[PDB]
Asker: 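Pulling up avibactam (bound form) bound to Beta-lactamase for a closer look.
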Amino acid sequence: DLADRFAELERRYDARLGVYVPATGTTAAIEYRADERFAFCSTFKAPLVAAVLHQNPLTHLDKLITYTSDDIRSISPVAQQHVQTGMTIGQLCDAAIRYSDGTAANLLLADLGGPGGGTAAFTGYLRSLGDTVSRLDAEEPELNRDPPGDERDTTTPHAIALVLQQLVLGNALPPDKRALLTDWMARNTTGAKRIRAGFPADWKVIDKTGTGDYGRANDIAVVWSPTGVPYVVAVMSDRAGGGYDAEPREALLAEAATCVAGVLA
Ligand SMILES: *C(=O)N1C[C@H](NOS(=O)(=O)O)CC[C@H]1C(N)=O
């Protein structure tokens, strides 16, 4: 039984674990704490980019965005460099997904616009996809810091997996926008030790990671079998037992994915 295996992992890492894989043709949904809330962390950045793509003509990608020193207030491996030149929307999407740049994310939030620096429009984008559970309330760095249990800035394995399914595999976006999102996620640089480590090499994996305080570590993926059958995999965890400075534990997500890969194979 999968639930027995997920529970052992929780004991091993002193963690809380959530897992969701929607049903397909022939496979039942895999669910474990799938409706408990977990911090989004950097994982909102995948549907944030979709929201931005959806809202604008493709050539909006070429629009140059300028920003300064006081706009850098979280891990931002790409944006820290180009504060002189500015960055285009396309570059910002690229960094937000592949590098989980937080400044890219804040700037895309502002591009989307409206109250909460764009956090209301982000959340309404999710509503339009039938997700009535997720909420974004703060931008970077504040969104990774809410105490354990607190509903702000949370989604559920169940909710984000249905979002991601619509985004990459359904018709939420037109195909040309769909392919852009899909390809940034394919080229992600931060997930090697997460869902990716759980599936064999001949499976395609695309993903968006997240990491936060209280030992938070997440990964949302779409994976394709060697014969091209897709599944959506959402893994979320935290370790409230360590307190604010608990270490996230990637190996936890890689072990849970392997458990899921052995079922799906
Ligand atoms: C996202 O969750 N974050 C932004 C940045 N990169 O995401 S990743 O850790 O999953 O690769 C650093 C960690 C985190 C954050 N604390 O903002």
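We count residues from 1, following the sequence as given. Going by what the header records, the deposited coordinates were determined by X-ray crystallography, 2.3 Å. Whatever order the structure lists ligands and atoms in, that order sets their numbers, starting from 1. Atom set for the values below is all heavy atoms of this structure, side chains included, hydrogens, waters and symmetry mates excluded.
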Asker: Only heavy atoms of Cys41, strictly under 4.0 Å: list the atoms of avibactam (bound form, ligand 1) that pass.
Answerer: 2 (O)
Asker: Can you list the atoms of avibactam (bound form, ligand 1) that are under 4.0 Å from a heavy atom of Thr190?
Answerer: 11 (O)
Asker: Where on the polymer does the covalent link from avibactam (bound form, ligand 1) land: which residue and which atom?
Answerer: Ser42 OG
Asker: Look only at interatomic distance and state if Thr211 has a nitrogen or oxygen under 3.5 Å from any nitrogen or oxygen of avibactam (bound form, ligand 1).
Answerer: yes
Asker: Pick out, from the UniProt substrate-binding residues of chain A, those with a heavy atom under 4.0 Å from avibactam (bound form, ligand 1).
Answerer: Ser100, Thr209, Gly210, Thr211
Asker: If you measure every N or O of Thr43 against every N or O of avibactam (bound form, ligand 1), does any of those distances drop under 3.5 Å?
Answerer: no
Asker: Would you indicate which of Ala105, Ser42, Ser76 comes nearest to atom 3 (N) of avibactam (bound form, ligand 1) when only heavy atoms are counted?
Answerer: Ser42
Asker: Identify which residue UniProt marks as active site in chain A lies closest to avibactam (bound form, ligand 1), and report the least heavy-atom distance rounded to 1 Å.
Answerer: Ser42, 1 Å
Asker: Looking only at distance, does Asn144 have an N or O less than 3.5 Å from an N or O of avibactam (bound form, ligand 1)?
Answerer: yes
Asker: If you measure every N or O of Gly210 against every N or O of avibactam (bound form, ligand 1), does any of those distances drop under 3.5 Å?
Answerer: yes
Asker: Heavy-atom distances under 4.0 Å decide this one: backbone, side chain, both or neither, for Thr209 against avibactam (bound form, ligand 1)?
Answerer: both
Asker: Where is the nearest protein heavy atom to atom 12 (C) of avibactam (bound form, ligand 1): which residue, which atom, and how far?
Answerer: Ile75 CD1, 3.4 Å
Asker: Which residue and atom name correspond to the protein heavy atom nearest atom 7 (O) of avibactam (bound form, ligand 1), and how close is it?
Answerer: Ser100 OG, 2.6 Å
Asker: Define the binding site of avibactam (bound form, ligand 1) with a non-hydrogen cut-off of 4.0 Å.
Answerer: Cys41, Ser42, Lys45, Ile75, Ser100, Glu140, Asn144, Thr190, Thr209, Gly210, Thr211
Asker: Show me a pair-per-line table, with atom names and distances to 0.1 Å, of protein N or O atoms that are under 3.5 Å from an N or O of avibactam (bound form, ligand 1).
Answerer:
{"from": "avibactam (bound form, ligand 1)", "atom 1": "2 (O)", "to": "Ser42", "atom 2": "N", "distance (Å)": "2.6"}
{"from": "avibactam (bound form, ligand 1)", "atom 1": "2 (O)", "to": "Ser42", "atom 2": "OG", "distance (Å)": "1.7"}
{"from": "avibactam (bound form, ligand 1)", "atom 1": "2 (O)", "to": "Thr211", "atom 2": "N", "distance (Å)": "2.9"}
{"from": "avibactam (bound form, ligand 1)", "atom 1": "2 (O)", "to": "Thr211", "atom 2": "O", "distance (Å)": "3.0"}
{"from": "avibactam (bound form, ligand 1)", "atom 1": "3 (N)", "to": "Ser42", "atom 2": "OG", "distance (Å)": "2.0"}
{"from": "avibactam (bound form, ligand 1)", "atom 1": "6 (N)", "to": "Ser100", "atom 2": "O", "distance (Å)": "3.4"}
{"from": "avibactam (bound form, ligand 1)", "atom 1": "6 (N)", "to": "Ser100", "atom 2": "OG", "distance (Å)": "3.0"}
{"from": "avibactam (bound form, ligand 1)", "atom 1": "7 (O)", "to": "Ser42", "atom 2": "OG", "distance (Å)": "3.1"}
{"from": "avibactam (bound form, ligand 1)", "atom 1": "7 (O)", "to": "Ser100", "atom 2": "OG", "distance (Å)": "2.6"}
{"from": "avibactam (bound form, ligand 1)", "atom 1": "9 (O)", "to": "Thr211", "atom 2": "OG1", "distance (Å)": "3.1"}
{"from": "avibactam (bound form, ligand 1)", "atom 1": "10 (O)", "to": "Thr209", "atom 2": "OG1", "distance (Å)": "2.8"}
{"from": "avibactam (bound form, ligand 1)", "atom 1": "10 (O)", "to": "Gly210", "atom 2": "N", "distance (Å)": "3.2"}
{"from": "avibactam (bound form, ligand 1)", "atom 1": "10 (O)", "to": "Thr211", "atom 2": "OG1", "distance (Å)": "3.4"}
{"from": "avibactam (bound form, ligand 1)", "atom 1": "11 (O)", "to": "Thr209", "atom 2": "OG1", "distance (Å)": "3.3"}
{"from": "avibactam (bound form, ligand 1)", "atom 1": "16 (N)", "to": "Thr211", "atom 2": "O", "distance (Å)": "3.3"}
{"from": "avibactam (bound form, ligand 1)", "atom 1": "17 (O)", "to": "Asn144", "atom 2": "ND2", "distance (Å)": "3.2"}

